Amino acid sequence: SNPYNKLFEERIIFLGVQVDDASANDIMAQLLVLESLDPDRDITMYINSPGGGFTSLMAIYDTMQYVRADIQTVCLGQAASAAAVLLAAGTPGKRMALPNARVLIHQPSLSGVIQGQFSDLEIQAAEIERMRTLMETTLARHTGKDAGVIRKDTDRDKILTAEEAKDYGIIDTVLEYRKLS
Amino acid sequence: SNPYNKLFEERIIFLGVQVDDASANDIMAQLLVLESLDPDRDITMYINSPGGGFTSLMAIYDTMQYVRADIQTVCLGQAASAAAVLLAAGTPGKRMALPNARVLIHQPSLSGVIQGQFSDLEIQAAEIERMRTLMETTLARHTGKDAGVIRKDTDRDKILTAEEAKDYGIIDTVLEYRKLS
Amino acid sequence: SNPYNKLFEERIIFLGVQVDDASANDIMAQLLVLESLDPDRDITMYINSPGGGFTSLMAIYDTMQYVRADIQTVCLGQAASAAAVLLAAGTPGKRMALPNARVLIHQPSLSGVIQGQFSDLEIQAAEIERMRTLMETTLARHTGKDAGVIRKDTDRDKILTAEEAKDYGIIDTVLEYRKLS
Amino acid sequence: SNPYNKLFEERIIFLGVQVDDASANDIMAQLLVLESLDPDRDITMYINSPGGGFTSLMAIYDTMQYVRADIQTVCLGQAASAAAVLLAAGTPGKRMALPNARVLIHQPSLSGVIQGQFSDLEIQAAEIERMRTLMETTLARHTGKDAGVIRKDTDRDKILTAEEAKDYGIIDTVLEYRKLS
Amino acid sequence: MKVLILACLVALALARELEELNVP
Amino acid sequence: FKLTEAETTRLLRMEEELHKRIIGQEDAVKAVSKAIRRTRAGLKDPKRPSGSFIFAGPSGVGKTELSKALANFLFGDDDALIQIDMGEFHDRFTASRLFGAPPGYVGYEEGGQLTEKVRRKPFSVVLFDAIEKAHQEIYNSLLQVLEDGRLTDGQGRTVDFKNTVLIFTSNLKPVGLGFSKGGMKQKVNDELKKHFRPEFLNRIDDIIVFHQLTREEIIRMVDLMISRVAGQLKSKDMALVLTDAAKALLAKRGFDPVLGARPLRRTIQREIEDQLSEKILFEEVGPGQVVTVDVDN
Ligand SMILES: Nc1ncnc2c1ncn2[C@@H]1O[C@H](COP(=O)(O)OP(=O)(O)OP(=O)(O)O)[C@@H](O)[C@H]1O
Ligand SMILES: CC(C)C[C@H](NC(=O)[C@H](Cc1ccccc1)NC(=O)c1cnccn1)B(O)O
Ligand SMILES: CC(C)C[C@H](NC(=O)[C@H](Cc1ccccc1)NC(=O)c1cnccn1)B(O)O
Ligand SMILES: CC(C)C[C@H](NC(=O)[C@H](Cc1ccccc1)NC(=O)c1cnccn1)B(O)O
Ligand SMILES: CC(C)C[C@H](NC(=O)[C@H](Cc1ccccc1)NC(=O)c1cnccn1)B(O)O
Ligand SMILES: [Mg+2]
């Protein structure tokens, strides 16, 4: 067994890589297996991800909201873009983050230019607008902010230190070091 | 066993990747095995796909319509282009989608330019027209729309939220979260 | 075991990929093994191929004509160019196709330009002409057409729907869906 | 078993490669497994890394500070950029380095240009400034320097020989050769 | 390992009582 | 024989008399009550047994209790239930307890512990408790039992299992794998297809997958289990009376969908009849006194 197989025996999934469809289908497959192995024991989800992806975000957003088990998110070094939404998507009272982890909340973007007629670009922009409102509505029900506050805050990159990510509501506890180590 | 091997034991196939011939032959091989293991137990088909491919669409469209088992489609984060047709291609009463999954119905396109004489391009265009009518005839027998309504709706990209994809007829139930999680 | 290993236990080979020498030597190795395992039980050959290749076509054309077992071809989503010849190359009474599979019969081409002196190009063109006549002579003994009819029909791309591929003689039955599914 | 599997049985992890997210998630998975196998036995961490990465640094900085086991860092040939911070991040009294290992402490940089509006670049620069202060605050609590001294020292590349890396406070012992060898 | 012992009970080898032939 | 006027009315009351013990499980009762109506209307198949059931379902919802409510209905006690505890049969060779030893082996004279229970009582409810926990060819010895209606003894006597009602209570935690709306019976039905050999499933007359005990049925189950401790175990000139808030408190503590009626039974021996057993030994309330149970909080 790997370490990654050993953490999964203790119901811990790594996000680790960026949230694309390949990573989202991995995490959804891991969240549903861990739901079936013990639905009343908390899945822990370690997040060191640079973000990326919205449908892949909302694939593993909805799955960690679907499953019978409570999700404990732990931000390791980084939760940027989509991964900060997944960090807030843990169960309240859960959602740890290590003390030097940065949390980068950020409005949705298009990676590169997508061409098309203006009637096709009015739809790709009505979609990136409803991707923006869905990013802010999701992040408001998990941080307790007012979803126009998040639109003002995620208007640019807002890098949150873990101590000011629990003041923002992204996490709940900046988890302390166990032994001085 | 992987998680993907574990979901397949519970008769769940991921679409996951885009629908190309490599992915279509995988899903057809999975649909026929799950038909042979238990033909009277519902195959579930998880769809997080960005679409693509029409012959690869109609390869796994026809197979999930062929097999003795009812197909339960579940849109995870995305069912775009060909995958939205596969999402509607589930059994009626089945066809779930997660609440923040987008469904992108979309008329067939050519990825890039295909050259040729005009007598060769009158045939590639009579084919992309009958690919368009077959996309609309398939999506009309599964949504209950009138197939000219779908031509008006899929004239551009029509991104459907899951709540308005069951109003459209693509899915039947926006499936609720099990525990608050 | 994979699904592909499971279909091969039930004497089913996928064409799946395009017909090149790597795919042709795979299918010939699979056809000869399935001939040796049970020579009086029908090999099924699933065809979702975009075609390509003539010597690789006639490698697995001749092998599926060689073997003691009858070959049942099934067009999944596509049988283009060479693969449509392999689709017609099944045993008469066999040769199914799924209802939304397209069959693209097509005269042989050269992928890209091959240079040379004119005395070398008179031979590459006498070869692509006898590749054309061999494509039409093969497709006439399996469809019952008159081989000048096929020269008129495959003069351009002739995409056949499965319902009009049995009228053409490429397949014999458009195979019905088992359960509504 | 590999040698790398054999060193991990003796609770030794290699840093080895540069600190990116792929390497950080490996080391965090290794540090948490070795914490769970025996939390009161010292994890040794071999560092031959060229550095790189700040969130990946602070991912495995925080983990080696989190775990119940004391971390013994050993610089093999090189601890540059982030890896020198990880070298100082070992337990005091631990933190060896081989006699010809160089330690390159270095202020954070951006690999290549990141574009954007000036209001977006005021935030990427307020982040690389707080990445700089966090690099200096971390390296001051582990070397005993005054964190403005480190800003003066890491203003350029400061390559420390192991004998002058214990005078700097990065390591504690330049570990002697066992047998003349 | 899961080799069963097969008791194989014999039929009863038992004594016999006697009718006797009367004499003077 | 042609039925007494009383026995005719009781047998049309057979659902509502088996519901005096079985709370809920309505299609479970009217599948096993119809099997007795077939036997007594003279419509029993004279080759097939009278009833052949797999009472599959969740653990604790009344699989064994319906087999005991059936045996009390047909006999007057549930000690007339022939209960073969199939957890004892863990390997292939304990099938020699169903029909006894073959010739030339010890235990040949005793000739089976199921066949000889039915030679004495051919009209019997034969319970096979936890048939899933038998070996894969214990129940392959019952493939002539459930069509031909007889089992050949090791001594050489075919015994009539025709007038028996065979019951195979199989035992089939929260939600399964993956996305699904709501939240089941087809999961239990097809697990029988994977565990049991479908030769055995075709011989079963009815496969009944049992229901979750609803909260409206746990409230009725409180009244049944308090009726155990009073009247049979409080024949000490003591009377046990529960207020309607007290039975509501027991139902709110004993109700978990996934187990059913044993967490209620563990609740009553944690709230009621262990606090009551401390009050009898201390003689706070003792013999010759009516106990009322007010609600605690
Ligand atoms: N339907 C029921 N009616 C009355 N009491 C019930 C019922 N179901 C459960 N109980 C109570 O809980 C006990 C458990 O019922 P039963 O013995 O039938 O369990 P079971 O369903 O066979 O479970 P298992 O899977 O463990 O065999 C009963 O003896 C009774 O006290
Ligand atoms: C903050 C959350 C919402 C995610 C952030 N941005 C997005 O929403 C991502 C950014 C992205 C990633 C890859 C390719 C294109 C765009 N948006 C999308 O995935 C996306 C997809 N289709 C249309 C529009 N946006 B993150 O990636 O910065
Ligand atoms: C909506 C369904 C029908 C599928 C959508 N479009 C198509 O039909 C796809 C789009 C596509 C994908 C890959 C390469 C070229 C073209 N069309 C085809 O596959 C295709 C293939 N041959 C000729 C014409 N179209 B999807 O890919 O946007
Ligand atoms: C019925 C089939 C054979 C018709 C078409 N295929 C071909 O003609 C293929 C396509 C191809 C592949 C490689 C190099 C050149 C050409 N023809 C040949 O294999 C080929 C090979 N050598 C000389 C001439 N043609 B189809 O696949 O487009
Ligand atoms: C000394 C420690 C802090 C690490 C050193 N520098 C950094 O902090 C690294 C240098 C680096 C590496 C890869 C890609 C881009 C930038 N900083 C970062 O990783 C980084 C990441 N996001 C924004 C700004 N800096 B090392 O890489 O020279
Ligand atoms: Mg029981």
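We name chains A, B, ... by the order of the sequence lines, and we start the count at 1 in each one. The displayed model is a subset of the deposited entry, and contacts were enumerated within the subset. Ligands are counted one by one from 1 in listed order, and the atoms in each one are counted from 1 as well.
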Checklist entry - Drug at ligand 2: what is it called? => result bortezomib
Next on the checklist: Just trying to sort out this structure - which chain has the greatest number of contacts to bortezomib (ligand 2), name per UniProt?
Outcome noted: ATP-dependent Clp protease proteolytic subunit 2
Checklist entry - From which other chains does some heavy atom lie less than 4.0 Å from bortezomib (ligand 2)? => result A
Checklist entry - Which residues of the other chains approach bortezomib (ligand 2) to under 4.0 Å (heavy-atom distance)? => result A:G52, A:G53, A:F54, A:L57, A:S81, A:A82, A:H106, A:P108, A:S109, A:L110, A:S111, A:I128, A:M131, A:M135
